[PDB]
Visitor: 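Working on a deposited model featuring CR6261. Questions ahead.
Below, chains carry the letters A, B, ... as their sequence lines are ordered, and counting in each starts from 1. Only a part of the entry is shown; contacts are counted within it. Going by what the header records, the deposited coordinates were determined by X-ray crystallography, 2.8 Å.
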Amino acid sequence: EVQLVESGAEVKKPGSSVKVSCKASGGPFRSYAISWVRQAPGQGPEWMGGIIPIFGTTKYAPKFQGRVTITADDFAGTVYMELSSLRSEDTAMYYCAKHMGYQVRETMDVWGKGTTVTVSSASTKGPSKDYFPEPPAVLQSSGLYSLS
Amino acid sequence: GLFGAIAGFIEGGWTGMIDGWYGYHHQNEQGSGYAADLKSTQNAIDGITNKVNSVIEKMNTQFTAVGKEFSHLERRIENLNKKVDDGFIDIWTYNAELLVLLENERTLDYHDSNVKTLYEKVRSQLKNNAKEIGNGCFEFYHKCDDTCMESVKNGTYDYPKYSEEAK
Amino acid sequence: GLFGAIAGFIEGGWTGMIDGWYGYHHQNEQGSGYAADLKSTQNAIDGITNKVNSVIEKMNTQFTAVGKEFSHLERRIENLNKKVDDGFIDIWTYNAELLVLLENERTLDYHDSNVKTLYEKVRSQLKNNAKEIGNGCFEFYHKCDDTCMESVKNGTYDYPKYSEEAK
Amino acid sequence: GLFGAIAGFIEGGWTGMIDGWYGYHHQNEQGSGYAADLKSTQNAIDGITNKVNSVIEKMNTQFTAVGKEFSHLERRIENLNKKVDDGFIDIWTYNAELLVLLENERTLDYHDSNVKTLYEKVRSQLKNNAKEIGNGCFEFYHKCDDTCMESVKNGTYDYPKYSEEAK
Amino acid sequence: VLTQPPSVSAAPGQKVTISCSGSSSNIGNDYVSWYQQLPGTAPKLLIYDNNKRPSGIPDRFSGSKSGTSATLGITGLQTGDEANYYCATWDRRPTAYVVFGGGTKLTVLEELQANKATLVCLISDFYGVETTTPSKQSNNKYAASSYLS
Amino acid sequence: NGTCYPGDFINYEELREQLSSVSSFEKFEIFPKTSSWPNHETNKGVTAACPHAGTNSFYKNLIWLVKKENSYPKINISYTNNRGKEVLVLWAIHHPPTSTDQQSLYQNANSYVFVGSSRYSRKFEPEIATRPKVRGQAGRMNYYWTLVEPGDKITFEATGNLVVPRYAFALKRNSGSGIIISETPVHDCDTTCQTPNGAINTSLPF
Ligand SMILES: *[C@@H]1O[C@H](CO)[C@@H](O[C@@H]2O[C@H](CO)[C@@H](O)[C@H](O)[C@H]2NC(C)=O)[C@H](O)[C@H]1NC(C)=O
Ligand SMILES: *[C@@H]1O[C@H](CO)[C@@H](O)[C@H](O)[C@H]1NC(C)=O
Ligand SMILES: *[C@@H]1O[C@H](CO)[C@@H](O)[C@H](O)[C@H]1NC(C)=O
Ligand SMILES: *[C@@H]1O[C@H](CO)[C@@H](O)[C@H](O)[C@H]1NC(C)=O
Ligand SMILES: [Cl-]
Ligand SMILES: [Cl-]
Ligand SMILES: [Cl-]
């Protein structure tokens, strides 16, 4: 079958931007569209947008219209997703999924394993209590985690 | 084109059909519009992506290939080494340029055949319930509302149903 | 296929037509059966055998070509000799694979054109004494017994004779 | 031919049409004659001259390339130099012969498509004001004097004007 | 958006049905797909074009669409079928996009020297302040934590 | 800045091809500076041809041995290759212009040198003649190299004129390397494809 492999996890501050990638096996040119779908903890998936082979045209969901940019390097069999003006609400698992044909559609039949993007006002810090990215713990209003 | 359709009896292209390579423009009392033909655009995108991948796979990457040094008493093998390096470059340049020239011609003819195949499919569907008015258009003898038009584009037009309803 | 016949408006093939590549299936009151079209199958077998012979003749046989030995002080000409041997193998491998890929595409399109040529020949014969019912079949407006069917397959169908005998 | 026209439903050629590659032969009460079709002959001459120039430009001229001399103690590099020279000659001979074989096939099919395109253009013009009598001829249902014939060959035949004047 | 019931439950061997209700802009004029999602894994397609299954999806999964409502059906309910189920379709609302349903969960039956001081109150073996949500132990008793800064 | 003392470098083109398949080496002193040579004049062999900020110096890896109080004992030192990798070894041969300078620096009349392995075997007879001056020295130094296969031993037997080696090289091979000639500078960039005009960042086939 086809393997979709997203790039590593990302941890970014609000207002910055992140560019994740999705590398597809075979090809390297594909005859099917690829879109990105995310899913926040305790939430349903939400489509973000997709890209069409050969034509290169893109469609974006209204919610991310204006701050998401999907691009493709067909010779490298890779598709990119850049999301800017990051809010804390953008913290979710991001998947690339392929469609059965060349048009983006409600039917995505094969998905990647997903990668996480965390958006917090915090920076990395060593524990003393008060440490940041996870190595059950709870998070204070500081954005810092404190465990026991 | 070898099939007489593109830049042929269909005089030109449609900047307003954005969702595909070949398709329809309809016109009835409810309105007008474009619509790509998914099934045939898909088959072509299959083949062209396959064509491009084929070109890629046949040109395996060049690994480390550096020059060599020769003394003032080794000019025969120096020139031989130069002859070899230049020769192979002349041959891969010929191979690359020729493949792209020939594949480009076939790609264009391919698209031309795909348009002609689509036109004849519709013609075979509508039979004599519509008038072939050239330029690739069929003028219906019966009222063809949106459901009627939608069925033509699905390939399930109902020639018996409308043969009794001609104007 | 570029000509819309094979895997086109003729949806599939006939395992029951064993004596050739293209032909007929008829159906009248006396019975039914298959029959290859000799003249067109022959022309294709001419060309394909010619094609295969052409590939053969262009790849002259390799005669004795053995390696060479070099000392630890001759590595530049050793590597040059290796560069030459590898280079030519990469080029004949490209030539061989590319020729077969391109000829395979042309061979399939060739068969597709031959089927379409045959269908249009019959269509041109029967004219409006028969109804084009798609899928490559003609439905006769007159009784077409075995002699009638045999004459269609010989190309000597008698359009005036049967134009007066329509049902 | 892949398009069924040359040596196809048009059984043969015209030694009496001297001013071009494809054209017309007409026959009415005033007289008969041949006339080349300028616009389509021109398009083909464009492409074929382009094809021939393309072959020329891809075979850059060979500059000074002389042999070399070796002693009785240099037979390994002597044979290597011979291997290189022979190898490249075998490859350019293959390239030259193959290109001409493939381009010759495409050139003939090209002419075949051009004739078929012309025939269908006229057919699309005359519609049912004339009877398709095979062999590439149309038999008119109305009197077609020289002006009428001239307008067919210009592509500006007047199907409404003559649809009322049928014999 | 598409509305589904938030949660449905049944015993093994039974048949359940998950409804997806939209409007004339989504379900009433476009195809509907269904996805199954297991914890830690990506959504898995179960149904496309209203009622067709991909290769590998068993006979007991099925879907249908009536006017404006779509419906997933599962029979021979198994323990492994306890997951989240989502419908999706192509909404022509404002700019066209892919829209998922809300989802339906199927259940089967020293420091004080730095001028700071924090409280510690743990809790487990059950069945300004932050609070730990009740996680799941290997014991299968609920556990958590809580702190008052 | 290659050979500052004039002479012919023997099989220098072949040595460059051997190194284009070398990713790294192990540099050790095959013959320690002081430990290997007990009764031989070591630190008296600099020259003006190879300078170093006014003063005179010499190659850092070879060593130019001369007479120790009009005495130069015959050398018979050897090294067995207990390293696991092939050992690159270089040395030189000095040809003074005047026969007086032969006994001035080596104390011996007509000297001889022998180097030995399995892929090499040769003896040298120093030629004395009035050669033209290059860097101020009329004499010539002719430089040599040989690869010592693992487990084999090399041998140097001489009575003067032999420019001994101090440091050798145990080589690790990696086909996929080479030598390029470029005037373009080096940066802290990282690429996967390099040409002498610059680095290429692409997925295209040509
Ligand atoms: C390094 O190379 C430089 C340049 O080739 C050498 O310096 C030259 O030496 C000649 C000797 O006659 C002079 O005429 C030139 O004027 C010098 N050039 C410069 C720029 O100084 C130098 O000797 C070499 N050094 C070593 C240690 O070999
Ligand atoms: C469109 O065609 C398919 C067959 O290819 C058929 O199953 C389907 O019902 C058709 N759709 C409509 C609306 O008629
Ligand atoms: C078949 O066709 C040939 C001409 O191609 C003709 O000579 C022959 O008489 C025909 N056979 C019959 C039985 O009509
Ligand atoms: C021939 O056709 C051209 C258009 O291609 C037209 O302008 C011209 O008037 C025509 N000539 C005659 C005599 O009708
Ligand atoms: Cl074209
Ligand atoms: Cl085919
Ligand atoms: Cl022909």
Visitor: Where do all copies of CR6261 turn up in this model?
Guide: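 That would be chains A and E.
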Visitor: Okay, contact question: for CR6261 (chains A and E), which chain racks up the most heavy-atom pairs under 4.5 Å? Name from the PDB entry, please.
Guide: Hemagglutinin HA1 chain
Visitor: State which other chains have a heavy atom under 4.5 Å from an atom of CR6261 (chains A and E).
Guide: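 Those with a heavy atom under 4.5 Å: B, F.
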Visitor: What does the epitope of CR6261 (chains A and E) look like on chain B if contact means non-hydrogen atoms within 4.5 Å?
Guide: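 Under 4.5 Å between heavy atoms: B:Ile18, B:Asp19, B:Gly20, B:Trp21, B:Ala36, B:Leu38, B:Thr41, B:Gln42, B:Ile45, B:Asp46, B:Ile48, B:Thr49, B:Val52, B:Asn53, B:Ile56.
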Visitor: Which residues of CR6261 (chains A and E) count as contacts to chain B when heavy-atom distances must stay below 4.5 Å?
Guide: A:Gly27, A:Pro28, A:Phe29, A:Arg30, A:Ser31, A:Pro53, A:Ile54, A:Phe55, A:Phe75, A:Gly101, A:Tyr102, A:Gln103
Visitor: Identify the name used for chain A in this deposit.
Guide: CR6261 Fab heavy chain
